[PDB]
Amino acid sequence: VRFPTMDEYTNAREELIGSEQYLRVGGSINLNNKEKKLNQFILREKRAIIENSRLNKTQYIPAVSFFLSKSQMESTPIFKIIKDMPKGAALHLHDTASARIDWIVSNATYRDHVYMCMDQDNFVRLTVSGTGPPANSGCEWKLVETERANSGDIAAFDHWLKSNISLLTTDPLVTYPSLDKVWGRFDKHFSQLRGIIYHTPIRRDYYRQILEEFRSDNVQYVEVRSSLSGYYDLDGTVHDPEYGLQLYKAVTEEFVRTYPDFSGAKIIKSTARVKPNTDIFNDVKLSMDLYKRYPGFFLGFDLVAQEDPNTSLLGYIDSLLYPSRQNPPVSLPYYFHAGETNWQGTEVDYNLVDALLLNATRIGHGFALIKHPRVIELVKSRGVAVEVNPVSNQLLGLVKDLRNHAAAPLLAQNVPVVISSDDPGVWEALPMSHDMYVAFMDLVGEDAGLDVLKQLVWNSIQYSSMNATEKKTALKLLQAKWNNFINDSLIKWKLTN
Amino acid sequence: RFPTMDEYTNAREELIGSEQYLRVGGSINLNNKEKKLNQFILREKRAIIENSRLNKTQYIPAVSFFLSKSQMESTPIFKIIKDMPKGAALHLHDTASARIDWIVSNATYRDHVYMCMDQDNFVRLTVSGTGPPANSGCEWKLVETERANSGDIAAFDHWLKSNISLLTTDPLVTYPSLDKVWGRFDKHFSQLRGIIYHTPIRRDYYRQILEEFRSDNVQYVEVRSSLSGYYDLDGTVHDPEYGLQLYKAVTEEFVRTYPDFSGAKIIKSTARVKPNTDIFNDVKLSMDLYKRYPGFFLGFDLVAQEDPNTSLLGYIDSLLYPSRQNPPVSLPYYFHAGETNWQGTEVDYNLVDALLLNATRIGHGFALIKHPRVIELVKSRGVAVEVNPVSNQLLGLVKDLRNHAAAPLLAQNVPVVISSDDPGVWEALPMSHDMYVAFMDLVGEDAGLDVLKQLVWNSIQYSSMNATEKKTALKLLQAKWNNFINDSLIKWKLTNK
Ligand SMILES: OC[C@H]1O[C@@H](n2cnc3c2N=CNC[C@H]3O)C[C@@H]1O
Ligand SMILES: OC[C@H]1O[C@@H](n2cnc3c2N=CNC[C@H]3O)C[C@@H]1O
Ligand SMILES: *[C@@H]1O[C@H](CO)[C@@H](O)[C@H](O)[C@H]1NC(C)=O
Ligand SMILES: *[C@@H]1O[C@H](CO)[C@@H](O)[C@H](O)[C@H]1NC(C)=O
Ligand SMILES: *[C@@H]1O[C@H](CO)[C@@H](O)[C@H](O)[C@H]1NC(C)=O
Ligand SMILES: *[C@@H]1O[C@H](CO)[C@@H](O)[C@H](O)[C@H]1NC(C)=O
Ligand SMILES: *[C@@H]1O[C@H](CO)[C@@H](O)[C@H](O)[C@H]1NC(C)=O
Ligand SMILES: *[C@@H]1O[C@H](CO)[C@@H](O)[C@H](O)[C@H]1NC(C)=O
Ligand SMILES: *[C@@H]1O[C@H](CO)[C@@H](O)[C@H](O)[C@H]1NC(C)=O
Ligand SMILES: *[C@@H]1O[C@H](CO)[C@@H](O)[C@H](O)[C@H]1NC(C)=O
Ligand SMILES: [Zn+2]
Ligand SMILES: [Zn+2]
């Protein structure tokens, strides 16, 4: 008889469950006594919310649309703890989508020579023109200063601007109830801001706001996708990508010199995957040059924009292989968005295969990865971190209930993962705290606590592209931040005995 | 590494080919006729996927069954799957596996059938041969009278159907949460409980299960049944052994009539809301029926909603009782387990106990992909997972069926059988709708006839037939399969490649 007694049964059961706990993300962490006190409180809070949903038969709010869950999570102890927690790094961000829309309204649209119009789809668009109103090509441009002053209600005018630009004004899952409907709205958001946010002094100040906001959410380091290209002055001068990179380099240096508690930033060049291969070839050659001449600030290349209907990595393969085929070879690093799809066995999810054959340093999203066991092997063996952006994946149509997020089985296998926010400005998320909350509450289990948070945070520095000296310094800084957070949390939540 | 495109293509195809060989059906070698049919299926599959992807419209096979049912039935892939022999349906409930239309057109035209509207405004049906039923909570009326007085009998019969089916409206819209749709699902069983437990109706309904499944080219079924409490017009209530004997006689006569049909076996089910002392008695009952009806009575299962009710651990001394006897008794178990979006809770840990208790198959296993060690045990022991895709969508585990958690199981060749669960409740066919959505949503664009053939063979090879019965059933299946291949080549004009 295998289990003659309860003790024989529970011994076997606990060993099996415990063996899976050791295998998941953070499973090898041993919390010290202070960490255990905070962990016990977190786990009591997590069990309370889950058991109420389960036994009282009501929806699990951490997993519903961010439009509904945002205000609810923010009043809770687990959220407040994650808010205070050092996040380490945000490794997957876009430079025109990572600061507050409120700043675009309150700062950028109060500058001289800013114009607005309503397009044929009934969305506001903003731009800058130093030579009077722009040509009225399908849009009647009006000076924002004049429109605001004549609105009859300035605060309502500014609120309307924000409401017309944000994807969280209504619930995207209701208003745009399909992948291509919500991607139409997402694409529209960037068209709305494209004019104003590519004006050079506004772009410079918006990037600085990214750094300020991320530091304020206790993020010490960022790596940012940027097109780098087309920043324009009041007189119409258009700058080249190298200038855009130098501009970001100077903003970053000033910021780190001001704030020694912040590790810094590095940049990935991005190009939209709607362009012809001749354009991508030029951008790959550009990236080769910037990688050689700006090492340790310029990281490499990525292809962005909607993955399902547009060009595959294989569609660009001659350009993407070109650096490795040079004599001598040049190893241009790649950070491909890849597998951001519900499709299986198609050209889209097979981008994951090409991303690994091209030696990607990290993979963006990887939502389809759990359907690809041989790709998982390569991701684990090579230490290619998957950048998991849970709010983005829900709002942009990959999943509804976040407990169905395809990264949960990756985390259970200890696939290397970093959490990031992607485009937090677009849908009014915080730099990291909202995404870290949904990952913690939806993508791991009821009995997964502070060890999971600690591992994800450390992962974001370990799988950053900092060099050895930078990374050693950043990890010492993170450890100091972590110790302060543990001590502060015990006092705040009255857990010291 | 890739000086030319040939070397790049070879590594790409090696990796992709490795995954195709690993997944369900990857080792099958199709003969030349099967290859012709496979080529047409794959051409059809790519055409629908490419249209959704490139023309940016929703992928109908993956939307609510309420929307997709009428759309899929006109397509060649569905028609091929309809003609295809399915082998076996291994996960079925005996009060939910024949048409509601038969309940209306046959059962409610029998003498002594009564109806009432309950406090939630749903029709309930029952039989009373000893006067009208007592008006406890609702006012019972003779259906014969209500129908004759309706002034539109067609509309009256259609109203009965509409008031009982869960597909009258889209359950994802009308009952938009787990516990709302489970409320509706529970209500369905209450609506029919009285009438479907009347012995002659219960006998004839079970016969209709076999007729309908045979008509959908299913040759064998294993069915969950409570067995107990069938009642006569004079009020006699029968015991579980009588119920089992009734089904056995129906099955034997059905197989006599239709030698092209392999037959049926029965699993005793009990709802997991009862006290442990009652489950103990049902285990003892099952031990006795297993001993005295070997080869017709299979074992035991716990059913009803998994999340808010009793866990397997909550019954563990009852479930361990057979193994603890002197000499031990191995009562086979078929647990519904892991039918949940929860992780790290008592609900998904039912999967651990199902393995420790030596379950022969696991029902649903939706949470299994979150449990890497349980996956390896399921694979090494050959414990088939009964995957019920329409059920899991309608009953609230997933919205887009491409996020179904069995897709990553199939990609690793976890042993899986497709079944329909409760096809009569929501107007599905015995197997063809579930096999279509499995084929279109749970495997990839490049997965063809080999996946279908493997799933069909799996349903016999992981059935509870003994080895001799399996050989006989596979001979019959092979003959059906060969006829299906030849017929399909003629029907779809494929004979000349
Ligand atoms: O100007 C920014 C560019 O980046 C795209 N972009 C911004 N966020 C994402 C993008 N692209 C792909 N996947 C979804 C998400 O991760 C939009 C635009 O082309
Ligand atoms: O009388 C039939 C019983 O079976 C349950 N039942 C029927 N179908 C299912 C059930 N239980 C659990 N999971 C969903 C699905 O697989 C309902 C009722 O208690
Ligand atoms: C269910 O809700 C009630 C209040 O409505 C509360 O008393 C009880 O604790 C809840 N149960 C759980 C397990 O949260
Ligand atoms: C906008 O930001 C700039 C740069 O930080 C600052 O100088 C300017 O005063 C701001 N505008 C307003 C209205 O605060
Ligand atoms: C944007 O503003 C216009 C004009 O007020 C309004 O009609 C439209 O609904 C708004 N769109 C969104 C998405 O808020
Ligand atoms: C990828 O990296 C491997 C290991 O360093 C190297 O040998 C190979 O040439 C690289 N391939 C490409 C295409 O860059
Ligand atoms: C998209 O639709 C058009 C007709 O509207 C059709 O001709 C075309 O082939 C479709 N594209 C695909 C890839 O199916
Ligand atoms: C109902 O089924 C029974 C048994 O199969 C049959 O005798 C009877 O004719 C049927 N009733 C109707 C109305 O078809
Ligand atoms: C059932 O019938 C009643 C009475 O006609 C009707 O009001 C109710 O909406 C129906 N319910 C469903 C779920 O169809
Ligand atoms: C499970 O099966 C194994 C192998 O047949 C057997 O040794 C063991 O006793 C069984 N365990 C239980 C709990 O029935
Ligand atoms: Zn992105
Ligand atoms: Zn079931």
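By convention in this document, chain letters (A, B, ...) are assigned in the order of the sequence lines, proteins followed by strands, and residues within each chain are numbered from 1. Side chains are part of it too, since the values below use all heavy atoms of this structure and drop only hydrogens, waters and symmetry mates. One-based numbering, in listed order, for ligands and for the atoms of each. We read in the header that X-ray crystallography, 1.6 Å was used to get this structure.
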S.K.: What does the PDB call the drug placed at ligand 2?
M.R.: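 The PDB calls it pentostatin.
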S.K.: Hey, which chain has the most contacts with pentostatin (ligand 2) here? Just the name the PDB entry gives it.
M.R.: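 Chief contact partner: Helix pomatia AMP deaminase.
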S.K.: Judged by heavy atoms, which other chains are less than 4.0 Å from pentostatin (ligand 2)?
M.R.: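 Other chains with a heavy atom that close: B.
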S.K.: Which residues and nucleotides contact pentostatin (ligand 2) at a heavy-atom distance below 4.0 Å?
M.R.: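 Residues with a heavy atom in range: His91(B), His93(B), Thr95(B), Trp182(B), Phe185(B), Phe189(B), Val303(B), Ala304(B), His336(B), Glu339(B), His364(B), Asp421(B), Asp422(B).
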S.K.: Starting from atom 12 (C) of pentostatin (ligand 2), which protein heavy atom do you reach first, and at what distance in Å?
M.R.: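 Nearest neighbour among protein heavy atoms for atom 12 (C) of pentostatin (ligand 2), to 0.1 Å: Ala304(B) O, 3.4 Å.
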S.K.: Can any other ligand or ion be found under 4.0 Å from pentostatin (ligand 2)?
M.R.: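 Those are ligand 12 (zinc ion).
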S.K.: Taking distance alone, with no angle check, do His336(B) and pentostatin (ligand 2) share an N/O pair under 3.5 Å?
M.R.: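 Between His336(B) and pentostatin (ligand 2) (N or O atoms, distance only) the closest approach is under 3.5 Å.
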S.K.: Can you list the atoms of pentostatin (ligand 2) that are under 4.0 Å from a heavy atom of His91(B)?
M.R.: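 Selected atoms, number and element: 16 (O).
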S.K.: Nearest protein heavy-atom contact for atom 7 (C) of pentostatin (ligand 2): which residue, which atom, what distance?
M.R.: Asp422(B) OD2, 3.2 Å
S.K.: Considering only the protein, which heavy-atom contact is closest to atom 17 (C) of pentostatin (ligand 2), and what is its distance?
M.R.: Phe189(B) CE1, 4.0 Å
S.K.: Considering non-hydrogen atoms of the protein only, which is the closest contact for atom 14 (C) of pentostatin (ligand 2), and what is the distance?
M.R.: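 For atom 14 (C) of pentostatin (ligand 2), the nearest protein heavy atom is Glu339(B) OE2, 3.1 Å.
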S.K.: To the nearest 0.1 Å, how far is atom 3 (C) of pentostatin (ligand 2) from its closest protein heavy atom, and which atom is that?
M.R.: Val303(B) CG2, 4.0 Å
S.K.: What is the nearest protein non-hydrogen atom to atom 6 (N) of pentostatin (ligand 2), stated with its residue, atom name and distance?
M.R.: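 Minimum-distance protein heavy atom for atom 6 (N) of pentostatin (ligand 2) reads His93(B) CE1, 3.5 Å.
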S.K.: What protein heavy atom is closest to atom 15 (C) of pentostatin (ligand 2), reported as residue, atom name and distance in Å?
M.R.: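 Residue, atom and distance for the closest contact: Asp421(B) OD2, 3.1 Å.
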